[PDB]
Each structure stands twice: as structure tokens, then as C-alpha cells.
2 protein chains.
Amino acid sequence: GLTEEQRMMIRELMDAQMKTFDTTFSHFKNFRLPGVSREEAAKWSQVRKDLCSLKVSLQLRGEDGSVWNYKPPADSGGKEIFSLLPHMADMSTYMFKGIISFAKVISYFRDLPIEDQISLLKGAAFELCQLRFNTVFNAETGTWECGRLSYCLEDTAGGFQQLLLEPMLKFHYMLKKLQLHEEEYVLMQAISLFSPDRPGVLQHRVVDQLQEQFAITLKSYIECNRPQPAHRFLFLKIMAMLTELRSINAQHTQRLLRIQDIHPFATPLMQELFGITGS
Amino acid sequence: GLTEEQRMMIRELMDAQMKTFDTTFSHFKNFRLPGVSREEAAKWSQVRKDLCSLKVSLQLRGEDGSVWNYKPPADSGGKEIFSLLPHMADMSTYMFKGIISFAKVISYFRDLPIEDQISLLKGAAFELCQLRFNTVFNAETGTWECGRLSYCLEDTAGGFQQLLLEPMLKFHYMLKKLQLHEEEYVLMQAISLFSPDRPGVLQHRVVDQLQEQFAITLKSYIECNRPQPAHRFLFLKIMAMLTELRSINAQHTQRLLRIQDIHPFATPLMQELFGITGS
Ligand SMILES: C#C[C@]1(O)CC[C@H]2[C@@H]3CCc4cc(O)ccc4[C@H]3CC[C@@]21C
Ligand SMILES: C#C[C@]1(O)CC[C@H]2[C@@H]3CCc4cc(O)ccc4[C@H]3CC[C@@]21C
Ligand SMILES: ClC1=C(Cl)[C@]2(Cl)[C@@H]3[C@@H](Cl)[C@H](Cl)[C@@H](Cl)[C@@H]3[C@@]1(Cl)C2(Cl)Cl
Ligand SMILES: ClC1=C(Cl)[C@]2(Cl)[C@@H]3[C@@H](Cl)[C@H](Cl)[C@@H](Cl)[C@@H]3[C@@]1(Cl)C2(Cl)Cl
């Protein structure tokens, strides 16, 4: 069974999720939409490869029942590969705010020194974003269902299996297949958030002990509520997914910074979280 | 055969069409797009009936290869029925300018007094718009193909036959089925433009004689270039379509003014041409 402290812990995390996760994306508005040198040469080639590796179309369902649909352009060696970047920057920025709010509502987080709060959020914001995004992911239709917005994966030559070579996409399908509870998602967010080895963390003995407690609570939760053979080793699978998410976080940070280098687009909040300084 | 004067006449009309018809709609830009009392009660009911009687979705093909698609809302008793009005006002305004330019390039038109020019354009602008729109109408797919913009008729319960109850739509299908030449379309535009019985025309003996000459030139053109049994009575069918277009013009003017009464949207050029004064 769960100890009282373990029940309190889950309770406070679920409370924080409830207050700060706009699951219908109702308050996401005023966002942008797509319009209607050998060293440099190597930079663009890489960014081009990075960008086309994850193509989505976009749908907007109006409250009135109207539907707008956007199919992205092909790469034709020009700036059209950047068409969805302002929009995506706005969406991630919106998600990041929710995630910052999530963190601030948690007592264990508030109690850390401010410099560590910042270091942990800089370290985990993206990961907590992916974790929240997975809960609105539809693995049957390859679509992230964000209230009135949908982001639908473009077909490719190898269909599912091939698009699934992309680590971000493999991560989303694999996590969704685990069929996690809300409680388990939010404990994943805590474990990722309270990671002792993020750049700049000072109170890392504290953070490490906090992390260990969230992990023990998760292991205990699974043991108390999931007896089926399907869920044998579920706790270890989740921890393995969390390690993988940190790898993905590192890869995508590098992509971001590679795009940013040749085509600036990061919002001010994005710059803050990813260490772009404005100069 | 055609007399020299008849060849000159067609030549000058075709010249005017060539210079003033943006057939790829390349210069149509900066247009608006849909966003992302018992006496009054009777007004809205009528306007609602008027508006839903011709529903189109809209597609925009970007030069980069991107595609935007808009599916209109259902009537739910609110202002959503007006969603495409600003856009359509911008498109018609764009077409009207081309049509005004067309008229001004024609010697027979320039030679009329200015007050008659204005009276003829007020009378015929809409009709010449429909005539030009028919040349980019695709009767197989029920779409008006305006370069990178397409306007596609929405499906309904009776399919083609039922949507074809709408006089505007019946007119477009019937005219397209006649498979007219460019020359014949532009002579239709001249006959409509030079109509002696538009409100306010003063030199109507002149205009009537001008109109009669364009009609004789058209009859002669058909007789010289169309011997097939399919085209027997083609000249009379065209004149019957022109009479029908004037009926449509009267109906649609009333719809326009009915919408305008309860929901103003007409551009300044629209107001000028339809006699809305600004007060
Ligand atoms: C390059 C590249 C990509 O693989 C396709 C689009 C890129 C994202 C664009 C938006 C965005 C926003 C962030 O806050 C952080 C990263 C990104 C980019 C990550 C790499 C992506 C998915
Ligand atoms: C009401 C109604 C309708 O049948 C559907 C949309 C209406 C048009 C909107 C744009 C427009 C522009 C013009 O310059 C003149 C008329 C109109 C309206 C005509 C009636 C329409 C087709
Ligand atoms: Cl997830 C995910 C979503 Cl969602 C989109 Cl729209 C975008 C957000 Cl804005 C950032 Cl946070 C992340 Cl890296 C990406 C991806 Cl992989 C896509 Cl391109 Cl699908
Ligand atoms: Cl034709 C024709 C076209 Cl085109 C559209 Cl988009 C619109 C123009 Cl802007 C005005 Cl001029 C005319 Cl009345 C209408 C219709 Cl019937 C539709 Cl709603 Cl299809």
C-alpha cells in the first residue's frame, strides 16, 4: 500500500497538474500561422535534414463549425521549410508557461533556492512538454489533439514503421502504448523536473533525494494498482523512457540552436529557457 | 464572312480583354479571410435563406506548395453565416476594377458621355463579372479556379441537380456547356455592357445602335465559324442567357442590399456601383 506521505505526494502533484494543464488548449490564442559560404552551406544542409524529419499538417476547428486546414510545403531549397516555426514557437511557449506554473505550485519545488528552480526548469521544461503532449497524442491517427488545434503526421513512403525511426515519434508511440494513468504521467513529470544533474544545480543532494522519493512513490503506485502480467516491469520501462526523453531533449535542443543560428525565431521565453542571451 | 468593321470590332474587344483580365488572378492580394423586432426578425430570415443558398469552400495554394483549405460553418442562428463576406467583397471588388478597365479600353465606350459610362458600368459590372467568372468555372468539379484560389461548391442532399436549382449556379453550368470561344465571351460582355435600358442612360439611341452592332457581329461570327448541328440556334441561346443574366443581376443586387441593410460589408467601390451613398 501507499504510505500517507506517498498519497500526499501524488495528491499535490495531481493538484498542480489540474490547476496548470489547459487540456483543451482554451487559452492558447493570438498565435502566428503560416502565411498565405561552405561552412554556412553545411549548416543549412543539417537544418534542412533536422526540419523535414518531423512534418505535420495543421487543423483549426472554429467554434462556429468552420474548419481551416494547412498542408505544409515541400523542401525546394528555400525559406519555406521555416513556415511553421513561428507557430510552433508560440505553441511551445504556451506549453512552457503551463509547465512553469506546474513547477511553482509544487511545495517541494517552491522550497528549493530560486537559482535551482531556474536551473531545473531550464533543464526539464521541454521534457515536461513532451510528457503533457503525449497525453493528447492519438497513436491510431498519428495526431496530437490540442483542443481545436490538431497536428497530424504527414504520410511517408514506409508509413508508420519508417516515420517511427524518428526518436521523438518513437518515444510518443511507445509511451502511449504503456497506457499510463494520470498519476503516473504526473510522477514522470516530477522525476524529470527534479533531476539532480541538470547544468547549474547547487542543492543536488536535496534534489536527488526528492527525485528518489517520487520514483519510489511511482514504483509503489504501480505495485499497488497494477497486478496484470502486461504491467510487469512497468516501472522500469517508464524509467527507461525517462532516460530516452533526456536524450531526445539533448537532440532537440541542438536542433533548436542549429535553426536559431541561421534563422532566428525563438520567443523571449524560449531564449531564456535555452540559454540564448539576446546578444 | 465578317466585314472589316466586324473584324475590327472583335479585335478591339479581344484587345481590351487581354489587357484587363487577370486570368491567373496574380494581382489579387491583401484580401481578407475568415477568422480563426418582428420586422428585423423577418429581415434576418430572408438574408439567412439568401446566404446559405450558395455555399463554397475555399482553397489557397501557396507558391511554396503549401495548401490552406477553409470549410465554411453551418448556420447556427448567429453571425457565422457572414464569415466569407469580407473575402468575397474583396474578390468582387478586384474583379470590378478589371471590368472598369475593360470598359475604358474600348473606343465605343470612351466615346460615350461620362455620365453614361458610369450608368452603364453601374448597370453591367456584376454581369461582366459573372461572364468572366464563367471562363474559370470547372463544371466537372463545381469549382471556380482563380489561379491559386479555388471556390468549390459544397455537396448537398440532391447533389448536382439540387444545387442546380440556384439560378446563378444553373446559369454557370448552362453557359459553360455552350463551350464558347473567347471571342464570343467578350462579345457577350459588350452586349451586356452596352445595354440602352440601364437606369440613368441618356444617349440610349447611340447605346442601342452600338448594342445591335455587337449582336450582329456575334451572330455573324457564329455563322462564319460554327457549322455543326450542335451550334444551331447558338446565337439565340446566348441572347437568352444574357436575358437570364440580367434577371440574376437583379436578384443578386437585392440580396446584396438585404445583407447590407442588417450587416454592412460592401467596399467603397461596391457602394459606388450599387448606389449605396455612405449615409
Ligand atoms: C529542426 C527541427 C524539428 O525536428 C522540426 C521542428 C523543430 C521544432 C520547432 C519548434 C521548436 C520549439 C521549441 O521550444 C524547441 C524546439 C523546437 C524545434 C525542435 C526540433 C524540431 C521538432
Ligand atoms: C446572400 C447571398 C449570396 O447568395 C451568397 C453570397 C452573396 C454574395 C456575397 C458577395 C457579393 C459581392 C457583390 O459584389 C455582390 C453581391 C454579393 C453577394 C450576392 C448574393 C450572394 C452570392
Ligand atoms: Cl510533440 C511536437 C509537437 Cl506537439 C509539435 Cl507541433 C512541436 C512542438 Cl510546438 C514542439 Cl514543443 C515539439 Cl519538439 C514539436 C513536435 Cl515533435 C511537433 Cl512538430 Cl508534432
Ligand atoms: Cl460566381 C461567384 C463567385 Cl466567384 C463567388 Cl466566390 C462570389 C463572387 Cl465574389 C460574387 Cl461576384 C458572386 Cl455573386 C459570388 C459567387 Cl456565386 C460565389 Cl459565392 Cl461562387
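Order of sequence lines = order of chain letters (A, B, ...). Heads up, chain A uses the PDB entry numbers, so what you see runs 142-177, 192-434. All residue numbers given for chain B refer to the PDB entry; the residues shown span 142-177, 192-434 in order. Read the numbers this way: they start at 1 and go in the same order the structure lists the ligands and their atoms. Side chains included, hydrogens not; waters and symmetry mates left out as well; all remaining heavy atoms used. Quick check of the header: X-ray crystallography, 2.2 Å.
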Could you tell me the main partner of ligand 2 here, using whatever name UniProt has for it? Nuclear receptor subfamily 1 group I member 2
What does the PDB call the drug placed at ligand 2? ethinylestradiol
Which other chains are in heavy-atom contact with ethinylestradiol (ligand 2) at under 4.0 Å? B
List ethinylestradiol (ligand 2) atoms under 4.0 Å from B:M243, heavy atoms only on the residue side. 10 (C)
Distance under 4.0 Å to a non-hydrogen atom of B:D205: what atoms of ethinylestradiol (ligand 2) satisfy this? 1 (C), 2 (C), 3 (C), 4 (O)
UniProt-listed hyperforin binders, chain B, heavy atom within 4.0 Å of ethinylestradiol (ligand 2): B:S247, B:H407
Taking 4.0 Å as the limit for heavy-atom contacts, which would you say applies to B:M425 with ethinylestradiol (ligand 2): side chain only, backbone only, both, or neither? side chain
Under 4.0 Å from any heavy atom of B:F251, which atoms of ethinylestradiol (ligand 2) are there? 14 (O)
Enumerate the atoms of ethinylestradiol (ligand 2) whose separation from the nearest heavy atom of B:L240 is less than 4.0 angstrom. 9 (C)
Got a sec? Which UniProt domain of chain B does most of the touching around ethinylestradiol (ligand 2)? NR LBD
Using a strict cut-off of 4.0 Å, indicate which atoms of ethinylestradiol (ligand 2) neighbour a heavy atom of B:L206. 1 (C), 2 (C), 5 (C)
Any idea which part of B:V202 is under 4.0 Å from ethinylestradiol (ligand 2), heavy-atom wise: side chain, backbone, both or neither? neither
Any neighbours for ethinylestradiol (ligand 2)? Other ligands or ions under 4.0 Å, I mean. ligand 4 (Trans-nonachlor)
Which of the atoms in ethinylestradiol (ligand 2), numbered in the order shown and given with their element, are less than 4.0 Å from a heavy-atom of B:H407? 19 (C), 20 (C), 22 (C)
Which residues of other chains have a non-hydrogen atom closer than 4.0 Å to ethinylestradiol (ligand 2)? B:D205, B:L206, B:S208, B:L240, B:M243, B:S247, B:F251, B:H407, B:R410, B:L411, B:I414, B:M425
